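A structure with dasatinib.
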Amino acid sequence: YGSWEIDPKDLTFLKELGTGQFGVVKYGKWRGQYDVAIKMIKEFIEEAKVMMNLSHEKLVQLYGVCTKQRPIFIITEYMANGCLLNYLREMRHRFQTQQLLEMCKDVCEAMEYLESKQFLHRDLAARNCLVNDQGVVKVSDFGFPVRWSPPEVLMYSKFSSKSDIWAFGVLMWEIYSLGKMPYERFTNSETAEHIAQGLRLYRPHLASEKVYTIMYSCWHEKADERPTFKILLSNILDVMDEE
Ligand SMILES: Cc1nc(Nc2ncc(C(=O)Nc3c(C)cccc3Cl)s2)cc(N2CCN(CCO)CC2)n1
């Protein structure tokens, strides 16, 4: 794979990171200079290939792969603050609501980019975003989530740009509720029934009525009445200016 093939001996491994959703992820350095995360998989056909064609400041950036050797490596930029869901549940951060809104805006920018590329993420949720050292949120794992799915997906499997819009609204709720599970008091069956009847996530305490109006707009029962990510972006930026 061209300049995407990385020389494994340009890699050092500095610390262990996980095994519970991946296959060993490690923090290491590339070319003695760049912090990377290194994903070692085992017996890929699609993940890096997706990641080779997409590039945005708000999408976790592929640096390269190791394909000519043992277990395959995928190497990306390193996200020092880990998954967004864990970051939000860490109470020491004591976030201000302007920080929470900026997290929404980060993800919204990534999704507007993907939308412009006609690419559907399909599993957008806080667990699939990561956070770097500066607190910037980036969309990840883009290479069944009942609580992030609109009625047309639960009932008919009708995926579309508007089903990513729905999940993004639920992701804003996850941010403003500091990492709560959506529909925390319900089973998956109950969530599906209750969403099909028109009930929606309540306004988080930290979300202003303007912010809640944005997330609520993602949840129109008619998919074609939901905004695009371009419109959600402009709306979020408007709220940031109003403060
Ligand atoms: C599991 C984990 N990842 C971290 N950072 C990452 N950056 C990049 C990663 C990654 O997976 N990229 C990637 C992708 C997206 C696709 C294909 C291939 C790859 Cl390689 S994972 C940080 C972290 N921390 C846990 C503990 N911490 C405080 C909480 O206690 C902060 C440090 N934990």
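When a residue number appears, it is its place in the shown sequence, counting from 1. Just so you know, ligand 1 is whichever comes first in the structure, and atom 1 is the first atom listed for that ligand. So how was this one determined? The header says X-ray crystallography, 1.9 Å.
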Which polymer chain sits in most contact with dasatinib, and what is its name in UniProt? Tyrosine-protein kinase BTK
Residue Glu47 vicinity, atoms of dasatinib by number, heavy atom under 4.0 Å: 16 (C), 17 (C)
Could you check which residue UniProt calls active site in chain A sits nearest to dasatinib, and how many Å separate the closest heavy atoms? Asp123, 12 Å
I'd like to know if atom 31 (C) of dasatinib has any protein heavy atom within a distance of less than 4.0 Å. yes
State which residues of chain A, listed by UniProt as binding dasatinib, have a non-hydrogen atom closer than 4.0 Å to dasatinib. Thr76, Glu77, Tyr78, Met79
So if I count the atoms of dasatinib from 1 in the order they appear, which ones are less than 4.0 Å from some heavy atom of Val60? 15 (C)
Which UniProt ATP-site residues in chain A are within 4.0 Å of dasatinib on a heavy-atom basis? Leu17, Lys39
For atom 2 (C) of dasatinib, what is the closest protein heavy atom, and at what distance to 0.1 Å? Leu17 CG, 3.8 Å
Starting from atom 28 (C) of dasatinib, find the nearest protein heavy-atom neighbour and note its residue, name and distance. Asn81 O, 4.9 Å
Of all UniProt domains in chain A, which one holds the largest number of residues in contact with dasatinib? Protein kinase
Could you list which atoms of dasatinib come closer than 4.0 Å to a heavy atom of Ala80? 31 (C), 32 (C)
Check dasatinib against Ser140 and write out every atom of the ligand that is under 4.0 Å from a heavy-atom position of the residue. 15 (C)
Residues within 4.0 Å of dasatinib (heavy atoms): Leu17, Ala37, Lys39, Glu47, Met51, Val60, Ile74, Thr76, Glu77, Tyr78, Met79, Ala80, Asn81, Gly82, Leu130, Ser140
